[PDB]
Amino acid sequence: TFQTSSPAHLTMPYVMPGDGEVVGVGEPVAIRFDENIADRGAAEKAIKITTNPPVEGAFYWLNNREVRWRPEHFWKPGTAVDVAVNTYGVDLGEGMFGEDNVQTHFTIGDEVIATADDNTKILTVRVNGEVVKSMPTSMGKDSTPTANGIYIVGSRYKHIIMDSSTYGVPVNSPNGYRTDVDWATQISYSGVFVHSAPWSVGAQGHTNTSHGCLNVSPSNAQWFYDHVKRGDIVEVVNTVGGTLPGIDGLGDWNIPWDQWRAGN
Ligand SMILES: *C(=O)[C@@H]([C@@H]1N=C(C(=O)O)[C@@H](S[C@@H]2CN[C@H](C(=O)Nc3cccc(C(=O)O)c3)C2)[C@@H]1C)[C@@H](C)O
């Protein structure tokens, strides 16, 4: 296929997960363009996802530039996935053409599902259905609760600073904070993490004390950092919070399948 010259600006796709990565059973395919896409159908038609074993899936647009593809249920462990974004020279609407093709391979690892149950204040990690860790946890206080729902594991940090001023509450104020945190596994774009919380170890398993993050012991947070990977699942249940938004960025599985497949 040849490129067509156009006075309108080209757009380049970017695919996640990373080429050659092993990811968990919750990882969606993500195709993010550096422009808004006027002809979403043309973009979807140009994206060929092949799986082994073969499984059906569907596209859903997270916003005007980024489309997600996933099956109805979590991936089968061991599945190999090929993503062919064949957008080179494709008219994506209003004179905007794909700048290039992109392709990636990724594979699905073990099924890793960690369930945080507010009724028990325990985060239980299951690997292919078997409990391997039972972690006392302290979730968000009643006034700043942890949302229920299915969270996809994202990035991880050996050390990071959590600072209330980044959302508009000064550190110096009564409810502000600036906190050095170890072993932080991100599970929502809204900023929810599983992380080390030495200051709440006595509350873990008993009382919710956090701003919404899942506090666990230093040892358990490091285990989680070492053994839980991008695309693994954290499910929160029975809190007094609401539900994680489906368009959070890592909240894809909270959209019911009929709404996901209906697309947008
Ligand atoms: C884990 O705890 C994690 C963060 N911490 C959070 C927190 O401190 O609340 C949440 S993010 C949460 C989402 N909305 C609020 C917010 O924006 N509050 C607020 C209050 C006063 C003024 C304003 C404003 O002017 O915009 C906003 C914050 C999440 C679980 C890590 C990062 O600590």
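The residues of the chain are indexed from 1 along the displayed sequence. These values consider heavy atoms only, across backbone and side chains, with no hydrogens, waters or symmetry-generated copies. Counting starts at 1 for both ligands and their atoms, following the listed order.
Going by contact count, the macromolecule most engaged with ligand 1 is what UniProt calls L,D-transpeptidase 2. Lab note: drug at ligand 1 identified as ertapenem (bound form). Binding site of ertapenem (bound form) at 4.0 Å (heavy atoms): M162, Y167, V169, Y177, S190, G191, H211, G212, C213.
At least one N or O atom of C213 sits closer than 3.5 Å to an N or O atom of ertapenem (bound form). Atom 21 (C) of ertapenem (bound form) has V169 CG2, 3.5 Å as its closest protein atom, hydrogens excluded (heavy atom only).
Under a heavy-atom cut-off of 4.0 Å from ertapenem (bound form), the UniProt substrate-binding residues of chain A that qualify: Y177, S190, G191. Regarding atom 26 (O) of ertapenem (bound form), its nearest protein heavy-atom neighbour is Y167 O, 3.3 Å.
Bonding summary for ertapenem (bound form): covalent, to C213 SG.
Counting residues of chain A in contact with ertapenem (bound form), the top UniProt domain is L,D-TPase catalytic. Nearest to atom 29 (C) of ertapenem (bound form) among the protein's heavy atoms is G191 O, 3.8 Å. Given atom 5 (N) of ertapenem (bound form), the protein heavy atom at minimum distance is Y177 OH, 3.1 Å. Within a 4.0 Å radius of atom 23 (C) of ertapenem (bound form), the protein has at least one heavy atom.
Protein non-hydrogen atoms do not reach within 4.0 Å of atom 14 (N) of ertapenem (bound form). Closest UniProt active-site residue of chain A to ertapenem (bound form) (heavy-atom distance, 1 Å): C213, 2 Å.
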